[PDB]
Structure formats: C-alpha cells, structure tokens
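Naming: A, B, ... by sequence-line order, numbering from 1 per chain. Start at 1 and go down the list; that is how both ligands and their atoms are numbered. Because only heavy atoms are used, hydrogens play no part in the values below, and waters and symmetry mates are left out as well, while side chains stay in.
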Number of protein chains: 2
Amino acid sequence: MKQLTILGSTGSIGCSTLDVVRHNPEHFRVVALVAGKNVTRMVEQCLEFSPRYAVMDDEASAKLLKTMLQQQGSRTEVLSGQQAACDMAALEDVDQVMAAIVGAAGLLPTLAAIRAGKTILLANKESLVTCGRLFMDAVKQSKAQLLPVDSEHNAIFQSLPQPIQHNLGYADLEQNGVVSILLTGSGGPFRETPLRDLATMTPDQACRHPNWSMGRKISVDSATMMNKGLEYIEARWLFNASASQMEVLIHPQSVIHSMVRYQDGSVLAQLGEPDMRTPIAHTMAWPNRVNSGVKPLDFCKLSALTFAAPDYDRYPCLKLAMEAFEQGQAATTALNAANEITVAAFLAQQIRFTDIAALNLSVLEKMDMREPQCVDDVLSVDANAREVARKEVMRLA
Amino acid sequence: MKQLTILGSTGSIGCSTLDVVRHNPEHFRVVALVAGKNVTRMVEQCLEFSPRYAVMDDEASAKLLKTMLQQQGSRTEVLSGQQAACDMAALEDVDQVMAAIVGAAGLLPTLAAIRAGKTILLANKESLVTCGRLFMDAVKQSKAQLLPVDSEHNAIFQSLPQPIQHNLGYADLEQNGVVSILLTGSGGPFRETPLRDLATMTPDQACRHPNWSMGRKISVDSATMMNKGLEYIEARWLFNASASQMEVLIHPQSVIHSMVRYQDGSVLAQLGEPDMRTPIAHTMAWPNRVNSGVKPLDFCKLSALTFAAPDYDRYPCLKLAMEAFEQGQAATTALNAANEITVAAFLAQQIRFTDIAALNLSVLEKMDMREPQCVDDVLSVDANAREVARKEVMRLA
Ligand SMILES: O=CN(O)CCCP(=O)(O)O
Ligand SMILES: O=CN(O)CCCP(=O)(O)O
Ligand SMILES: [Mn+2]
Ligand SMILES: [Mn+2]
C-alpha cells in the first residue's frame with residue numbers, strides 16, 4: 001500500500017497518475033495534491049481521492065478552493081505557496097512523489113522530494129536539463145529512487161539491467177554490460193522536407209501531428225528535434241552516460257519508445273501505445289506492475305518500423321544540445337531557456353522556422369556563462385538567456 | 001571464474017560457445033568436452049582449451065582420440081558412451097553445462113546436468129518438446145538454472161522480469177505482471193504464396209533461405225512453421241505459460257527475436273544479429289554480460305519491420321503443435337517424431353510439401369497415446385510414432 005504526493009495534479013500527467021491510482025486503489029493512496037491555479041479541477045480530485053492536503057500557488061486561489069471544499073465538507077486541508085509544495089514533497093509518511101509540476105516552478109519541490117530520499121516519479125524535463133549536476137548529487141547523498149516517466153527514459157530504464165535500476169545515476173553503464181543507450185525519436189514532420197525549405201516552414205505545418213505527438217511547443221521541438229536533444233541531456237545525467245555511450249536514432253513510427261545496447265549484441269527495447277498511463281503505471285508499480293487501462297499493442301494493426309540517423313544539418317538543435325552538454329549546466333539551462341523564447345517567436349510569426357536553431361545557437365555563444373550551483377544559479381542563467389533571446393528575436397523585426 | 005562442460009562440443013553451437021570462451025578466457029574454463037564422432041575437431045578443441053575430459057559416443061572413436069591426444073601430449077583423459085557424458089554433466093566442480101547434444105542422445109545428460117542442480121545453458125529443442133513435464137519437475141526438485149540459448153526463448157527470457165528469471169519454470173507469469181509472451185517467427189518462405197500452391201512446392205524452394213535461416217530440416221519447419229509451433233511447446237514449459245498467456249506473431253525480418261507483454265502495456269523485446277554467440281554469451285555471463293564478437297546492430301542498414309498473425313490454414317503444423325501440447329507429452333514427442341519423418345520424406349521427394357502437415361496430423365490421430373514418465377517412455381513414444389509415420393509416407397508410393 002504505497003502513498004503518494006502529486007506535484008501538478010491538474011495537468012495532463014497529473015490526471016493520468018490519478019487515473020492510475022483510481023483503477024488500482026488497492027495499492028495507491030493520495031496524501032497530497034499540489035496544483036497551480038485550476039481550483040476547479042483540484043476540488044473535483046480532492047473530492048474524489050481526498051488527499052490530506054491540497055496546495056495551490058497563491059492564497060487568492062487557496063481561499064477559494066478552501067471554500068468549495070468547505071461546501072462539500074472536504075476535510076482536505078488547504079495550504080499555499082512554494083514551501084507548502086516542498087513540504088508535501090518531503091512529507092514524512094509519503095512514499096512516492098509524482099514530480100509533474102513543470103518549469104522552474106518545479107526545481108525546488110522535485111528537489112525537496114529528492115533531499116527526503118523518496119521514490120521519485122520524475123515527470124519534468126527541466127529538473128535535469130538545468131539542475132542535472134545538483135540533482136544527481138542530491139540523489140547520491142540521500143539514495144532517492146529516480147524512476148523516469150518520460151516515454152523515452154521510461155523505456156531506456158525498463159530496458160536496463162537491475163543493479164543499474166536501484167542505483168539510478170551512480171550505476172555505471174559500461175561496467176554493468178551496457179554498450180550504449182538508444183535514444184529514439186520520430187524525427188519531426190520535416191524529416192523528408194528538402195533542406196532548403198525548412199526556412200519557408202510555417203507554424204501550421206508543425207503543430208501536434210499524429211502517431212505519439214500533441215503539443216504546440218514540443219511539435220517545434222519534435223520538428224527541430226530540440227526535444228530529442230534535450231532528452232539527450234537528461235539521459236546522460238539520468239543513466240550516467242558519456243557521449244560515446246549515447247545514440248540518437250530517428251524512428252518515425254514511435255512504436256519503439258527507446259532501447260539499450262549490450263556487449264553480446266542484444267538490444268533491449270520497450271514498446272506500447274503512446275499513452276502516458278503505461279510509464280506512469282510502470283514507475284508507480286515498480287518493481288512490480290499494474291494495469292493502467294491502456295491498449296494491448298496490436299502488432300497487426302501497425303505501421304512498418306524503420307530507422308535512420310539524424311542529419312545534423314537537418315536538425316541543428318540536436319548538435320547544439322549535444323555540444324551544450326559538453327559546456328556545462330549553464331549552457332544547457334540557457335539553451336533550454338532561449339529555445340522557449342525562439343520557438344515561441346516562431347509560433348507567433350516573428351522569425352522563420354530555420355531561425356530557432358540559429359538563434360538558440362547565438363544566445364549560447366553571445367553569453368560567457370559559468371556553471372550554476374543551486375536552484376538559484378540556474379534560475380538566473382535562465383533569465384539572462386531569455387533576455388539575450390527575447391532581445392535576439394528583436395534584431396529580426 | 002565460471003567452469004563449464006559442453007555437451008556436443010563439435011557442432012555449431014558448440015564451436016560458438018568455444019568462440020565465446022576463447023574471447024573471454026578470464027571468466028570461462030572447460031572442464032569437459034563431449035562430442036559424438038568428430039574425433040578430428042575434438043582433438044583440436046581439446047588441444048586448444050584442454051578440458052580435463054573429452055567423451056565420445058563409442059570406444060572405437062575414443063581409442064583414436066585417445067591416440068591423437070597421445071601424439072600431442074594432451075593430458076586430457078578420454079572416456080566413452082552415455083554414462084561418461086552424464087558424468088561430465090554432473091561433474092562436481094562444474095558450474096554450467098551447454099546441453100547442445102541434440103536428439104534423444106541428449107535427454108539423459110541434459111537430465112544429469114539438471115538433477116545435479118547446475119546452471120543449464122539449454123540448447124536443444126527435444127529436452128522440453130518430449131520430456132517437458134519431467135525436466136521441469138527435475139528443475140523444481142534441485143533448483144537448477146535453465147538459461148535458454150534458443151534465439152527466441154533467450155529473447156523472451158531476457159525480456160521477462162527478474163524474479164521469474166531466477167526461478168525459471170516455477171515463477172508464475174501473471175502474478176509477476178506478465179500478460180503474455182510473444183513468440184515471433186519469420187513465417188517461412190511461403191508466407192505470401194497463394195494457398196493452392198503450397199501443394200506444388202519443391203525442396204529447393206524451401207532450404208536455408210536468408211535473414212536468420214540456414215538448415216535443411218528447419219527450413220521446412222520454418223516454411224511449415226512446425227518450428228515455431230515446437231517452440232510454442234518449449235515456451236509453455238519453460239516460462240510456465242497457458243495458451244492464453246502465449247502469442248505467436250509473424251515477423252519476417254527476424255530482427256526482434258521475440259517479446260514479453262506486460263499489464264501496463266509495455267512490451268519488452270530483444271533484437272540483435274542472428275549470430276548465436278549473442279544468446280550463448282548472455283546465458284554464459286548471466287547475470288552479467290561479456291562480448292561475443294558479434295556486430296552492433298546497425299539500425300540504419302536494416303529492413304522495415306512488419307508483423308502479422310499466422311493463418312492457421314497456411315501453417316497447419318502450428319495448430320497441430322498447439323493442440324498437441326493440450327494432449328500430453330506423448331502427443332508432442334510423437335509430433336516431433338513424425339515430423340522428422342515426413343519433413344524428411346518431403347526432402348527426398350516422397351510426398352508433397354502440403355503432405356507434411358497432413359501426415360504428422362494423422363500419426364497423432366492414428367495413435368491413442370498415454371503420457372510418458374521418464375526418458376524411456378519418451379523414447380518409446382518416439383519409436384512408435386516414427387513407425388506410424390515411416391509407414392504413412394508409404395501409403396503414398
Ligand atoms: O514522451 C514523449 N516524447 O518525447 C515524444 C515527443 C516527440 P519526438 O520523439 O519526435 O521528440
Ligand atoms: O533460433 C533460431 N530460430 O528459431 C530461427 C528459425 C527460423 P523461424 O523463426 O521462421 O522458425
Ligand atoms: Mn519524451
Ligand atoms: Mn529458435
């Protein structure tokens with residue numbers, strides 16, 4: 001009977017984790033729900049699971065949730081602010097923490113759940129893209145169990161050997177028989193578009209396109225593969241890998257979520273439906289399993305499976321993210337940062353598609369950075385990179 | 001520093017296991033070599049690895065091997081017959097036993113390795129296709145460690161959870177989160193041949209055809225899928241699965257060696273080159289890994305991957321085998337028996353290709369069998385099945 005705390009219990013991955021707790025009530029219990037402003041879905045969930053706690057980002061919002069919970073009689077106690085969240089993450093009697101609150105918002109609560117040595121359902125990129133050095137040391141220190149929920153990492157983890165699974169981060173790949181890790185990705189919708197044509201690409205040609213893909217910003221990240229590359233950054237930290245023990249493969253159909261290469265030639269892989277309840281269920285049930293309400297992969301009703309290597313000319317955002325890792329957590333925190341600006345510039349139509357790569361590039365250049373050292377060094381490197389970025393979209397007016 | 005005994009040190013899988021020991025001398029050592037008649041390759045091997053024992057099938061052979069070893073000064077001691085082999089399999093100081101001696105020749109030494117409770121690199125179909133009830137009960141009794149080397153079971157084993165790997169045969173699938181096991185297979189060379197055309201198939205059309213396939217008799221078992229079907233029989237026994245927890249899938253390219261379905265939708269799979277040194281190295285190094293000298297799978301230089309369900313009208317030898325499992329070890333020992341006859345009749349041109357399916361069927365019918373009870377009951381059911389078969393090829397003269 002595991003007990004959890006969800007950080008971002010109102011977003012996509014939050015509800016999926018709640019749909020997972022719902023169909024498996026015999027093993028899971030909510031002790032705390034943490035959200036941002038959706039007081040609306042939060043009451044519903046507090047009403048359904050009845051966490052001992054509910055936390056919202058501001059008092060304005062809590063004083064209202066506190067109110068609708070009042071209406072229903074929900075004994076659920078309401079708190080507010082960031083501290084409240086970190087306190088739910090470090091909660092004494094809590095077993096796992098679905099670190100699904102994204103952005104910089106989540107760096108501290110994910111960290112507080114880490115510091116407390118808890119099984120961590122790591123459901124946010126930024127935690128390792130910006131605070132990777134810190135976060136992994138915080139794990140060594142307290143022996144917190146990282147369990148990645150991201151489709152790719154979930155698959156790479158499931159495909160790894162056991163003694164590397166219990167020591168996530170300090171488990172040496174190569175000594176335990178791993179030749180390399182196979183990070184796979186669709187390759188974006190402009191994978192076969194002639195190179196001189198990526199410049200004339202519109203936002204409508206890249207935005208939530210089929211077979212495991214549906215999100216405004218990440219479509220441009222799937223399209224530029226700034227997404228894969230950023231998962232290269234987390235992979236490297238998460239699994240303790242060196243650029244030689246890494247591989248990025250274009251797998252258009254996204255059936256194979258990602259693989260792991262071994263010494264004797266065996267390649268271990270994971271596949272299933274794109275549904276996030278699969279990796280949310282795996283991580284929660286581990287080292288056992290539970291149902292999630294997801295479809296058994298019909299290998300018949302399926303597309304043919306192909307692969308390819310990325311063309312670093314067609315996907316510059318990936319070579320950037322690879323070199324960015326080689327420069328330090330300041331270069332990747334600022335690369336993640338400037339990228340959100342630029343992608344955004346592209347979606348509003350301020351710069352060409354091919355300008356996201358070139359500009360994220362520039363900010364990374366025009367900025368002599370120095371490795372961070374806490375959840376604040378990282379915040380700052382982000383606000384300086386955003387600024388070199390917001391200011392860069394500008395010269396193109 | 002593991003020490004082994006190889007049963008059938010001269011055949012294909014033997015040499016591959018000898019090539020695995022060669023490139024990893026730091027972890028493996030031969031204590032005994034067991035062959036059949038090839039005194040010729042046996043000397044060379046005895047000369048190279050210097051096992052404390054070499055065993056041949058007859059004194060005639062051994063008095064000659066004993067002689068050429070004399071020539072070179074090989075201290076290796078030479079023995080003969082079956083007892084010798086069983087003794088090499090039960091050897092006190094031996095850790096693993098590559099049970100690669102195939103046929104009925106190997107049921108007892110494989111058994112002797114089992115009884116003595118040793119890590120068993122299982123490399124012969126018959127062991128479970130005929131003596132499945134007995135072999136698994138002998139495993140329970142002495143807690144021997146089966147480690148399948150067959151491309152498919154190796155893939156299905158690698159893909160299972162840990163607590164099912166260490167208790168091979170008794171670890172319940174479903175209770176450990178396994179939904180079913182995906183037994184995959186090319187589909188044979190007549191997978192797309194119109195149905196009324198299988199009857200006019202010749203032996204040159206089905207014999208050692210590319211992409212993980214090279215053998216006179218199994219090519220016909222690939223073509224009829226009597227091979228897949230027979231692997232459905234070992235699987236059921238090996239992994240402790242019910243016909244519901246089993247799935248047979250056609251995968252033409254044979255990249256994916258086989259998979260394992262889980263409750264949360266996750267499908268774990270193994271892929272790699274068709275080389276046998278991969279599963280031979282995995283089983284030998286287990287729970288660790290060693291190199292084997294095989295090629296890192298180039299996902300680039302690869303065909304598109306497709307899947308399909310077998311058409312039980314196209315592959316009758318598969319339904320036969322599935323229904324055969326449901327009748328007892330007498331129906332499967334006799335099905336494996338009659339199949340070697342018929343296939344063989346087909347290879348010699350005594351019956352049509354489509355006749356293998358119908359005759360194996362018949363023998364199974366025309367023969368009210370009764371479940372075996374030792375390595376003798378199985379031999380017998382084999383001899384009476386061959387006869388109902390040799391005699392059946394006959395009515396078509
Ligand atoms: O968790 C899901 N993804 O990472 C999918 C994003 C699309 P991509 O694999 O082409 O980057
Ligand atoms: O170990 C190897 N095999 O099983 C391959 C035999 C050919 P098939 O997969 O089509 O039965
Ligand atoms: Mn992902
Ligand atoms: Mn096989």
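- For ligand 2, the correct option among fosmidomycin, gaboxadol, pyrazinamide is fosmidomycin.
- Of the chains near fosmidomycin (ligand 2), the one making the most contacts is recorded in UniProt as 1-deoxy-D-xylulose 5-phosphate reductoisomerase.
- Counting only heavy atoms under 4.0 Å, the other chains near fosmidomycin (ligand 2) are B.
- Numbered from 1 in the order shown, with element, the atoms of fosmidomycin (ligand 2) that lie under 4.0 Å from a heavy atom of B:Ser151 read 1 (O), 2 (C).
- Of all 1-deoxy-D-xylulose 5-phosphate-binding residues UniProt records in chain B, the ones placing a non-hydrogen atom under 4.0 Å from fosmidomycin (ligand 2) are as follows: B:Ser151, B:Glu152, B:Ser186, B:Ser222, B:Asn227, B:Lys228, B:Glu231.
- At a heavy-atom distance under 4.0 Å, only side-chain atoms of B:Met276, from C-beta outward, approach fosmidomycin (ligand 2).
- Atoms of fosmidomycin (ligand 2) lying under 4.0 Å from any heavy atom of B:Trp212, numbered from 1 in the order shown and given with element: 1 (O), 2 (C).
- For fosmidomycin (ligand 2), the atoms lying closer than 4.0 Å to a non-hydrogen atom of B:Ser186 are 8 (P), 9 (O), 10 (O).
- For B:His257, the heavy-atom gap to fosmidomycin (ligand 2) stays at 4.0 angstrom or more.
- Counting the atoms of fosmidomycin (ligand 2) from 1 in the order shown, those under 4.0 Å from a heavy atom of B:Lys228 are 8 (P), 9 (O), 11 (O).
- Counting atoms of fosmidomycin (ligand 2) from 1 in the listed order, those under 4.0 Å from a heavy atom of B:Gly185 are 9 (O).
- Between atom 6 (C) of fosmidomycin (ligand 2) and the options B:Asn227, B:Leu183, B:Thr184, B:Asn154, the minimum heavy-atom separation is to B:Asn227.
- Besides fosmidomycin (ligand 2), ligands or ions with an atom closer than 4.0 Å to that drug are found; these are ligand 4 (manganese (II) ion).
- Heavy atoms under 4.0 Å from fosmidomycin (ligand 2) belong to B:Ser151, B:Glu152, B:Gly185, B:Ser186, B:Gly187, B:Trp212, B:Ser222, B:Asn227, B:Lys228, B:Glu231, B:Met276.
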